[PDB]
Protein chains: 2
Amino acid sequence: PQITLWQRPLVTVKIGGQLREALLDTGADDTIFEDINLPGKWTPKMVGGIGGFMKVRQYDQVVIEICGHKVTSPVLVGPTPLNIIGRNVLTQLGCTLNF
Amino acid sequence: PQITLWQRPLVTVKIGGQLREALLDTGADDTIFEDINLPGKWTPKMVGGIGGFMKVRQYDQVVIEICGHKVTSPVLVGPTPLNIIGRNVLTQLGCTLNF
Ligand SMILES: CC(C)CN(C[C@@H](O)[C@H](Cc1ccccc1)NC(=O)O[C@H]1CO[C@H]2OCC[C@H]21)S(=O)(=O)c1ccc(N)cc1
Ligand SMILES: [Cl-]
Ligand SMILES: [Cl-]
């Protein structure tokens, strides 16, 4: 799969049984979702961004079905404007930037 | 050039005669710098991010030297935490996401 960038690189994901859309985001260290409810215990973290910070929940060892790949990662949950797939998951898909 | 994602995809760039480090950011629609001053008139714009919004200046037709390439693009200047290269400049590099 080669994906150009004339449009936002959005992919469909299955995460914790739910169907979501998310953004392939090389500028994100960590994968974060807004519109989901994950099972289990969590750890309080924070994420900093272009315009400020926000409290999040880190859920460890979460199954994500993305492109043809099935992967586990810690997932942050909080009020991001869009679901984002970050370098912790991108690296596991063997994702690379080419030019 | 093929770049993995185990570390932040940071690149050196010459922009408006100044040397900067910036992030290849497929999750960013637009290109934005924090630690520069560009010449000329500008248009007030805003950007929204993970944690909120901020006011920025859009400078049109700015020359950026990024890896081997020399391109023009509108550039946003404002209080971002890092410099980011977004899809408006990535497309001009013929940059793709591969896996
Ligand atoms: C969140 C996206 C929808 C958009 N963001 C681009 C994104 O890549 C930022 C880019 C970014 C990077 C560092 C600091 C601020 C913004 N990364 C980010 O928020 O990542 C957070 C999640 O993991 C951590 O990794 C880096 C910060 C954490 S954004 O910075 O807010 C943004 C929004 C609009 C434009 N034009 C350009 C950038
Ligand atoms: Cl994991
Ligand atoms: Cl231009």
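Simply put, chain letters go A, B, ... down the sequence lines. Chain A is numbered as in the PDB entry; the shown residues are, in order, 1-99. What you see of chain B is 1-99, where the numbers are those given in the PDB entry. According to its header, the structure was obtained by X-ray crystallography, 2.2 Å. Just so you know, ligand 1 is whichever comes first in the structure, and atom 1 is the first atom listed for that ligand.
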Participant: Not sure I'm reading this right - what drug is at ligand 1?
Facilitator: darunavir
Participant: What is darunavir bound to here, taking the chain with most contacts and naming it as the PDB entry does?
Facilitator: HIV-1 protease
Participant: In this structure, which other chains have a heavy atom at a distance under 4.0 Å from darunavir?
Facilitator: A, B
Participant: Any chance you could list the binding-site residues for darunavir? Cut-off is 4.0 Å, heavy atoms.
Facilitator: A/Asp25, A/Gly27, A/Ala28, A/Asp29, A/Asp30, A/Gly48, A/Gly49, A/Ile50, B/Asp25, B/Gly27, B/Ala28, B/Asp29, B/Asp30, B/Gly48, B/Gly49, B/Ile50, B/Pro81, B/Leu82, B/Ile84
Participant: Near B/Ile84, which atoms of darunavir are under 4.0 Å from a heavy atom of that residue?
Facilitator: 37 (C), 38 (C)
Participant: Is there a nitrogen or oxygen of A/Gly27 sitting under 3.5 Å from a nitrogen or oxygen of darunavir?
Facilitator: yes
Participant: May I ask you to list the atoms of darunavir that are less than 4.0 angstrom from any heavy atom of B/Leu82?
Facilitator: 13 (C)
Participant: Hey, does A/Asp29 come in under 3.5 Å of darunavir, counting only N/O atoms on both sides?
Facilitator: yes
Participant: Looking only at distances, please establish whether an N/O atom of darunavir is found under 3.5 Å from an N/O atom of B/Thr80.
Facilitator: no
Participant: Suppose we measure from atom 19 (O) of darunavir to each protein heavy atom; which comes out shortest, and what is that distance?
Facilitator: B/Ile50 CD1, 3.7 Å
Participant: Please list the nearest protein heavy atom to atom 10 (C) of darunavir with its residue and the distance rounded to 0.1 Å.
Facilitator: B/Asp25 OD2, 3.3 Å
Participant: Under a 4.0 angstrom heavy-atom cut-off, which atoms of darunavir come close to A/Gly49?
Facilitator: 15 (C)
Participant: With heavy atoms of B/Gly48 as the reference, note each atom of darunavir found under 4.0 Å away.
Facilitator: 31 (O), 33 (C), 34 (C)
